[PDB]
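Report on the structure given below.
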Amino acid sequence: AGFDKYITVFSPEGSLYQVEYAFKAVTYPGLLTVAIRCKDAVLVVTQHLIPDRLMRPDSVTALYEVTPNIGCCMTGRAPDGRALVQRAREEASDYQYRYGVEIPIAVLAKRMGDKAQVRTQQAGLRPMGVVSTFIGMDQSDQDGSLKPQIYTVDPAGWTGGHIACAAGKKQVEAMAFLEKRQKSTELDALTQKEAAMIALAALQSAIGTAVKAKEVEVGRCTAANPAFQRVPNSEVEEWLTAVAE
Amino acid sequence: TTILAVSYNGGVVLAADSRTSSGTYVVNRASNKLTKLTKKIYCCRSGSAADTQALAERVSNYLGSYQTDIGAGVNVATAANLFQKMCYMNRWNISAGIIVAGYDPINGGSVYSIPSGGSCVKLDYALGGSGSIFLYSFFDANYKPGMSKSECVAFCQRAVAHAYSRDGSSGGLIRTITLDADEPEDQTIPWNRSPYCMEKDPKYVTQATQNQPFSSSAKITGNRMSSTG
Ligand SMILES: *[B]([O])([O])[C]([C][C]([C])[C])[N]C(=O)[C]([C]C1=[C][C]=[C][C]=[C]1)[N]C(=O)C1=[C]N=[C][C]=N1
């Protein structure tokens, strides 16, 4: 009853205060990401803003490659996100050596949520103040096709699939735009051009700025080219004009 | 097993037979001794079928985990120092002759021959396997450096076909692949369309006159093919 909040100890209302304080390290940099999957692709947009003009803008990034078919964005404390990439690259490689096949995206999200649960149960270890968003396309069963996947793991360890997610500062106004857009159409029937307009407009409704094409970076995975790659900046400009239309 | 890798201007040409044989019996006549490490770097594979398969997929997982962390392409000299490290600290327990050949944009086409002793030598062409001892005097006479891509494919297919004609260990198909700045093109020509075989070699048509007829003279007149005459 002396501290109640300084190490991983249950509060008298049954909460962990080092979990609730690590959620606030996600919104503390002030950034934002939006992920969405269409019928045949996955998209991840994120705010890529450099305040200093003397900074090399192609070094600071949040989009990482875990395996050649899984990409991720790390929204939260930026050196903590680089730490969980190196953890996920070890787990995807040790899956490859031991089991011979590439790791499923739903399984790589589960094995990274088990790493976050241990750090919030042992008293000495600090939780990672970052929300991971592992995106990719899994091999479907009984037909052999590919299927878009989005998986998000909290700093507590809450893994789960998504149709469209958001993380960072004013992530509540980004969820509210996507649910309002969900009431009209059905997001698993839209195309890659149509779904790119929503994830960029959801990034506009929260920041209220209608940002430039260099102030974001977008990575994608498509059923034709299943490898994770980031888009060119010229293709973001073809999308930002359509949102203004 | 007869494996070889030859460099041209663009990239390299890997060439190998297809036969794993337990001493004297052909367990597999359609083996694949050309192992993919990365997209542009392969390795030829001779010796123990299990000891070299475990090395080839242990290097290929270090090499793909390296490529993701770097974010660029893997050099061939990088992949040839991961076989040398493993074939030297296991050299008393494995039987492994590896020829590593590939393509990188920095150095072009590279060929590394890693013998059973565990050394590493960078070459223009490499030979390996039990059938390679036939091909030293064949490359001393018939090989001229600086061929094109289409000439190195027809040469290495003609090179392997002279090797498994005399070797008992080697035989089967001829699996070749080229690794250069284009997409990797593979080609598997069979035995019955091989560029050389001793059965259709027109100087081995006449039987050696061993089974002489019972005659009155020392004049050798060929074999005895019938009971009457
Ligand atoms: B080649 O004949 O050397 C071949 C190379 C291998 C890496 C595909 N090796 C084998 O055929 C070996 C036998 C051998 C022959 C000559 C030298 C060294 C080894 N085959 C096997 O190891 C084997 C035997 N029985 C079952 C499975 N594998």
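Throughout, a chain's letter reflects where its sequence line sits, starting with A, and its residues are numbered from 1. If you're wondering, the header gives electron microscopy, 3.2 Å. Every number for a ligand or one of its atoms is a count from 1 in the order of the listing. Cropped entry; intra-crop contacts only. These values consider heavy atoms only, across backbone and side chains, with no hydrogens, waters or symmetry-generated copies.
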Drug name (ligand 1): bortezomib (bound form)
Name in the PDB entry of the chain with the most heavy-atom contacts to bortezomib (bound form)? Proteasome subunit beta
Counting only non-hydrogen atoms strictly under 4.0 Å, which other chains reach bortezomib (bound form)? B
I'm curious which residues sit within 4.0 Å of bortezomib (bound form), going by heavy atoms - can you tell me? B/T1, B/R19, B/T20, B/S21, B/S22, B/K33, B/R45, B/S46, B/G47, B/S48, B/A49, B/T52
Please give the covalent link of bortezomib (bound form), as residue and atom, or none. B/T1 OG1
I'm curious, what organism does the PDB give for chain B? Leishmania donovani
